Amino acid sequence: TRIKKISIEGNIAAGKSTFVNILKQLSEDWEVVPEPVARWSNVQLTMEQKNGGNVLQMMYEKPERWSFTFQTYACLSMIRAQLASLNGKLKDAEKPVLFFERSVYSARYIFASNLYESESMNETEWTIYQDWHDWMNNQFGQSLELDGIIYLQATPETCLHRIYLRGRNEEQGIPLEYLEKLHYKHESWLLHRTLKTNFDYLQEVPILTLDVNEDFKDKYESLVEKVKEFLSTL
Amino acid sequence: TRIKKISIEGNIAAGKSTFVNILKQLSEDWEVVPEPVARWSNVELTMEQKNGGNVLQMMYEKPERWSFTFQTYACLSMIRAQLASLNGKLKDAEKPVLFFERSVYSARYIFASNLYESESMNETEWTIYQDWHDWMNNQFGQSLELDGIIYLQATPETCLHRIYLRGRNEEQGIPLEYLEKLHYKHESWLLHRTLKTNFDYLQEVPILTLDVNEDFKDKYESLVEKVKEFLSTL
Ligand SMILES: O=c1ccn([C@@H]2O[C@H](COP(=O)(O)OP(=O)(O)O)[C@@H](O)[C@H]2O)c(=O)[nH]1
Ligand SMILES: O=c1ccn([C@@H]2O[C@H](COP(=O)(O)OP(=O)(O)O)[C@@H](O)[C@H]2O)c(=O)[nH]1
Ligand SMILES: Cc1cn([C@@H]2C[C@@H](O)[C@H](CO)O2)c(=O)[nH]c1=O
Ligand SMILES: Cc1cn([C@@H]2C[C@@H](O)[C@H](CO)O2)c(=O)[nH]c1=O
């Protein structure tokens, strides 16, 4: 595909959304697909939004009951939104790039996995979920396949302070220990590459790692210089 | 696709499995897609049989916990089996017909809808399922639109007797009233055609209704004859 798909990965509150919104305004050839759940949190009634708010809340409230339904619905929504941009926007750009906020791979290997490990999914649920993921991406994950990943690396402490700054009410109870786990998985996947997945191409996929421990809100030029560099090599 | 697609629909124990297996043998040009969920009940490997067998058994003990999960996997199981058969055979057939045991339509508008109406999925589970169902079918199931439907129509009382004939343990407690609901559901969809769906073409699909109250296992020729005539119109 002429559209380059680039995913932006990283822990809770690392600055993935902040970084994606930065990128979007820098190039007519650059488009972004935000992740689904972020929209689910705010208020100020589309169907995905009603479902999404409700299931978000049930998850927070009773994880061992709703993890499966939540993760399945998050992935559907993400896939449908990624496929929709990939089919709709960017059409007359000469070097078009679609940046995904997270990806189906991180959804399964970071989030869905920690849920199985947390006992929030039972064995049957985990394996139903992986099977669905498998079949459905081996139909669709192909036009979805990534040309590269960008890893936004912040420490848990950094990430915890940023949950605080964001101040989203239901998140203020997430403890350090939880982010240390998600941290470890990201490093396992994107740094040490010791993580094994079904998707064989992912082992060779180019990765750019950006340390984002320092606020980059009004000082992000150097990061972007790094991204443009990375993009010219795929 | 060059292959004609015909669903076999009917209340529980109306005889769909039975007929499908008769139809199988009749022509080299006729192939069948079995409905994933009976193989789940009986007592060797398969990850889907293992998953489905657990999910079905969990369904039986606590439907309000497991209905949404069961229905998702049942429906995934269906699309993949109907897509696999669509791809893998009747390539050398002069007059190819693939018979689907049940359909993604009955699974949703008959059975899932029943689970909701019985309070085994809440509104979000049901709204999520419907969203998921539309998309799983729109994006993946476009080659599975039906050319026809064959309705094996039997009285709630035929099916109760047939459930008693089949002697599946779990199923023996099934009441007539459950069957009547499901029967009226079938009647509205396929006879009256008052059941409105989210699938435009379906309102237009030709429907053959067959009386299967009289045993047909050793005496199926007039039934097959009506099938052969029906098919000729399409
Ligand atoms: O360099 C940064 C990165 C982000 N944030 C803040 O950290 C919070 C969470 O960031 P974001 O929503 O981007 O995190 P994500 O969950 O998308 O990774 C937000 O209030 C940001 O404004 C910040 O102040 N400086
Ligand atoms: O004409 C018939 C149809 C079937 N049955 C029996 O009735 C039960 C219900 O049949 P089937 O499994 O085909 O029903 P379905 O798949 O519709 O639930 C089974 O034990 C069949 O062997 C029968 O004795 N005569
Ligand atoms: C994005 C995502 C988040 N989570 C959890 C649930 C979310 O409330 C929180 C960050 O938004 O992390 C998952 O379990 N799976 C996911 O796919
Ligand atoms: C085939 C099927 C069966 N069922 C239920 C599940 C079982 O409790 C019973 C079969 O004996 O019917 C569904 O809810 N949906 C289905 O699609």
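So that the names make sense, note that chain A is the first sequence line, chain B the second, and so on, each numbered from 1. In listed order, ligands and their atoms are each counted from 1. Just so you know, these numbers use all the heavy atoms, side chains as well, and skip hydrogens, waters and symmetry mates.
By its PDB name, the drug at ligand 4 is LdT.
In this complex, the main macromolecule engaging LdT (ligand 4), as named in UniProt, is Deoxycytidine kinase.
Using a 4.0 Å cut-off on heavy atoms, the other chains next to LdT (ligand 4) are B. Counting only heavy atoms, LdT (ligand 4) sits under 4.0 Å from none of the UniProt ATP-binding residues in chain B. By the 4.0 Å heavy-atom criterion, B:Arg168 is excluded from the residues contacting LdT (ligand 4). On a distance-only criterion, B:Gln71 and LdT (ligand 4) share at least one N/O pair closer than 3.5 Å. Not a single heavy atom of B:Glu170 sits under 4.0 Å from any atom of LdT (ligand 4). For atom 8 (O) of LdT (ligand 4), the closest heavy atom belonging to the protein is B:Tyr60 CZ, 3.4 Å. Numbered from 1 in the order shown, with element, the atoms of LdT (ligand 4) that lie under 4.0 Å from a heavy atom of B:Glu171 read 11 (O). The shortest heavy-atom distance from LdT (ligand 4) to a UniProt active-site residue of chain B, with that residue, is B:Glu101, 8 Å. The proximity of B:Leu56 to LdT (ligand 4), defined as any non-hydrogen pair under 4.0 Å, is limited to the side chain. In the deposit, the organism given as the source of chain B is Homo sapiens. Residues contacting LdT (ligand 4) within 4.0 Å (heavy-atom distance) are B:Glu35, B:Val37, B:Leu56, B:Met59, B:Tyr60, B:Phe70, B:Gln71, B:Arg102, B:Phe111, B:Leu115, B:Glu171.
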Contact table LdT (ligand 4) N or O to protein N or O, d under 3.5 Å:
{"from": "LdT (ligand 4)", "atom 1": "11 (O)", "to": "B:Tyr60", "atom 2": "OH", "distance (Å)": "2.7"}
{"from": "LdT (ligand 4)", "atom 1": "11 (O)", "to": "B:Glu171", "atom 2": "OE2", "distance (Å)": "3.1"}
{"from": "LdT (ligand 4)", "atom 1": "15 (N)", "to": "B:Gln71", "atom 2": "OE1", "distance (Å)": "3.4"}
{"from": "LdT (ligand 4)", "atom 1": "17 (O)", "to": "B:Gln71", "atom 2": "NE2", "distance (Å)": "3.3"}

